[PDB]
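Please read the structure below before turning to the comments.
Sequential numbering from 1 along the given sequence is applied to the chain's residues. Method of determination (from the header): X-ray crystallography, 2.3 Å. Each ligand, and each atom within it, is numbered from 1 in the order the structure gives.
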Amino acid sequence: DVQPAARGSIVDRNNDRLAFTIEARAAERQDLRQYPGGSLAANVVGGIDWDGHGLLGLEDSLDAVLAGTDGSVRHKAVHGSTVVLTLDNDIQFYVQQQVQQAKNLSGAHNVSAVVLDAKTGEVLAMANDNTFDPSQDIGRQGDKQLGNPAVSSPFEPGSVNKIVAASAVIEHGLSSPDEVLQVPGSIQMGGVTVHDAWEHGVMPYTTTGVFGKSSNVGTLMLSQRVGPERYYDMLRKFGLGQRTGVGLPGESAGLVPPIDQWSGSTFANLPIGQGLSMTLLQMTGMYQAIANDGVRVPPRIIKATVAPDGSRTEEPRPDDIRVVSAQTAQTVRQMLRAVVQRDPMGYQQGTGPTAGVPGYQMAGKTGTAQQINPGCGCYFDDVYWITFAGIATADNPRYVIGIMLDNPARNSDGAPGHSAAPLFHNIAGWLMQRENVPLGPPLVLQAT
Ligand SMILES: *C(=O)[C@@H](NC(=O)[C@H](N)c1ccc(O)cc1)[C@@H]1N[C@@H](C(=O)O)C(C)(C)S1
Ligand SMILES: [Co+2]
Ligand SMILES: [Co+2]
Ligand SMILES: [Co+2]
Ligand SMILES: [Co+2]
């Protein structure tokens, strides 16, 4: 005769329940899995099988923790432990809803977003559009997203990768935010030709402006100062090409070609974010490093487990990784404020003015990466991954936000363009309001 273990529950950081079991009947007694939020975080949480064991998601990957072990008679029943996630359901719900309507408004194939706690790298929200509902039969949801693209599905970052170049060039003392540069409209590098997204003669962009206006040419000129080895070294320190260990099934490691295999043109591509791929989580994790004064903390979604008696064990914190100094990180945060700076005369406006929130030192970076055309082995001309990653706020980092839009026809808010900045605006602005966070001179992107 068998004594069944009672399945543990999955809850958020404040013990708001995401998944829990109730006892019912039909093989007479039947345990019913409940999902009071429906699709809420179902990309992370997953769903249950007919036998009451995990089918996919954390229900499956932590099944042994959640299922326990059945007793007998004499062996006692080890009931399932409760899993406490780092997620905040309120933030998850808002972000997940905003991700869905950015996908609707923008016409993108898909949208995903990640919010990290800036100091600890804990995952506060992780969402994609079209999230399935685990309270319903999965075979009836082939049109739904059943997985977790934010960790499983790498993409080329494009210009949001320029945080690496910016971090290296400041960390090695090779430039400063105010340095006046001379930036041609194109250069020949590594045997290939790199253009800026707008035609221009030599422009007196500051280093700040190179990243604020997202000059590819300016980025490569600065990267020539870093050199491949210090640049590749910093890619590795920012954690690219390597799984984070976040504790979710199906995490991709992405792809960074090791320096021993680069072609002549590789260095002309990586610093502007093409020729490598990363997940949204890796992307957001890079900006977490700069937000946490240069110390990257690998993100984590399991906060703790609670044993059946009620004793709580915290998850072990991952080891700090210093990427750049605190001084360098603070300088990059300030400089990325220029990305969201507005200028009616155009000259001192970054690529993402709609992402700024007046009253706050928002800092971030836009991205537009060309996707590979699967039929030619070559890049599409008009098919993009759109990215934004930012920090709320530069003077007091609390939240890191990463966003990717898969080839939108419009802005995330539905206006003409291809920008994820309005979605950052909405999320970061709402995060400041709800915590009642309180409120200098304009930055120079372009000299004379
Ligand atoms: C980084 O993402 C850069 N983008 C490109 O170089 C890309 N090939 C591209 C060129 C021209 C387009 O019309 C679209 C993509 C720079 N960063 C982008 C950004 O949004 O920040 C641009 C400013 C578009 S160029
Ligand atoms: Co025995
Ligand atoms: Co030209
Ligand atoms: Co267009
Ligand atoms: Co607004």
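- The molecule at ligand 1 is the drug named amoxicillin (bound form).
- Bound to amoxicillin (bound form) with the largest number of contacts is the chain that UniProt calls Penicillin-binding protein PbpB.
- With a non-hydrogen cut-off of 4.0 Å, the residues around amoxicillin (bound form) amount to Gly158, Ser159, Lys162, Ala197, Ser214, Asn216, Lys365, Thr366, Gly367, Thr368, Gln370, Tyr384.
- Here a covalent bond ties amoxicillin (bound form) to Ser159 OG.
- The protein heavy-atom contact nearest to atom 6 (O) of amoxicillin (bound form) is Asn216 ND2, 2.4 Å.
- The closest protein non-hydrogen atom to atom 17 (N) of amoxicillin (bound form) is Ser159 OG, 2.7 Å.
- Of all protein heavy atoms, the one closest to atom 13 (O) of amoxicillin (bound form) is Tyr384 OH, 4.2 Å.
- Less than 4.0 Å from amoxicillin (bound form) sit no other ligands or ions.
- Polar contact with amoxicillin (bound form): present for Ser214 (N/O pair, distance under 3.5 Å).
- Counting only non-hydrogen atoms and rounding to 1 Å, the UniProt active-site residue of chain A nearest amoxicillin (bound form) is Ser159, 1 Å.
- Residue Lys365 approaches amoxicillin (bound form) through these ligand atoms, each under 4.0 Å from one of its heavy atoms: 21 (O).
- Nearest protein neighbour of atom 9 (C) of amoxicillin (bound form), counting heavy atoms only, is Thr368 O, 4.0 Å.
- For atom 8 (N) of amoxicillin (bound form), the nearest protein heavy atom (residue, atom name, distance) is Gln370 OE1, 2.7 Å.
- Ranking the protein heavy atoms by distance from atom 21 (O) of amoxicillin (bound form) puts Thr366 OG1, 2.7 Å first.
- When only non-hydrogen protein atoms are considered, atom 11 (C) of amoxicillin (bound form) lies nearest to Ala197 CB, 3.7 Å.
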Any protein N or O within less than 3.5 Å of an N or O in amoxicillin (bound form)? List each pair with its distance, or say none.
residue: amoxicillin (bound form); atom: 2 (O); partner: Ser159; partner atom: N; Å: 2.7
residue: amoxicillin (bound form); atom: 2 (O); partner: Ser159; partner atom: OG; Å: 2.2
residue: amoxicillin (bound form); atom: 2 (O); partner: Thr368; partner atom: N; Å: 3.0
residue: amoxicillin (bound form); atom: 2 (O); partner: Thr368; partner atom: O; Å: 3.1
residue: amoxicillin (bound form); atom: 4 (N); partner: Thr368; partner atom: O; Å: 3.3
residue: amoxicillin (bound form); atom: 6 (O); partner: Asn216; partner atom: ND2; Å: 2.4
residue: amoxicillin (bound form); atom: 8 (N); partner: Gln370; partner atom: OE1; Å: 2.7
residue: amoxicillin (bound form); atom: 17 (N); partner: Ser159; partner atom: OG; Å: 2.7
residue: amoxicillin (bound form); atom: 17 (N); partner: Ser214; partner atom: OG; Å: 3.1
residue: amoxicillin (bound form); atom: 20 (O); partner: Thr368; partner atom: OG1; Å: 2.9
residue: amoxicillin (bound form); atom: 21 (O); partner: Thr366; partner atom: OG1; Å: 2.7

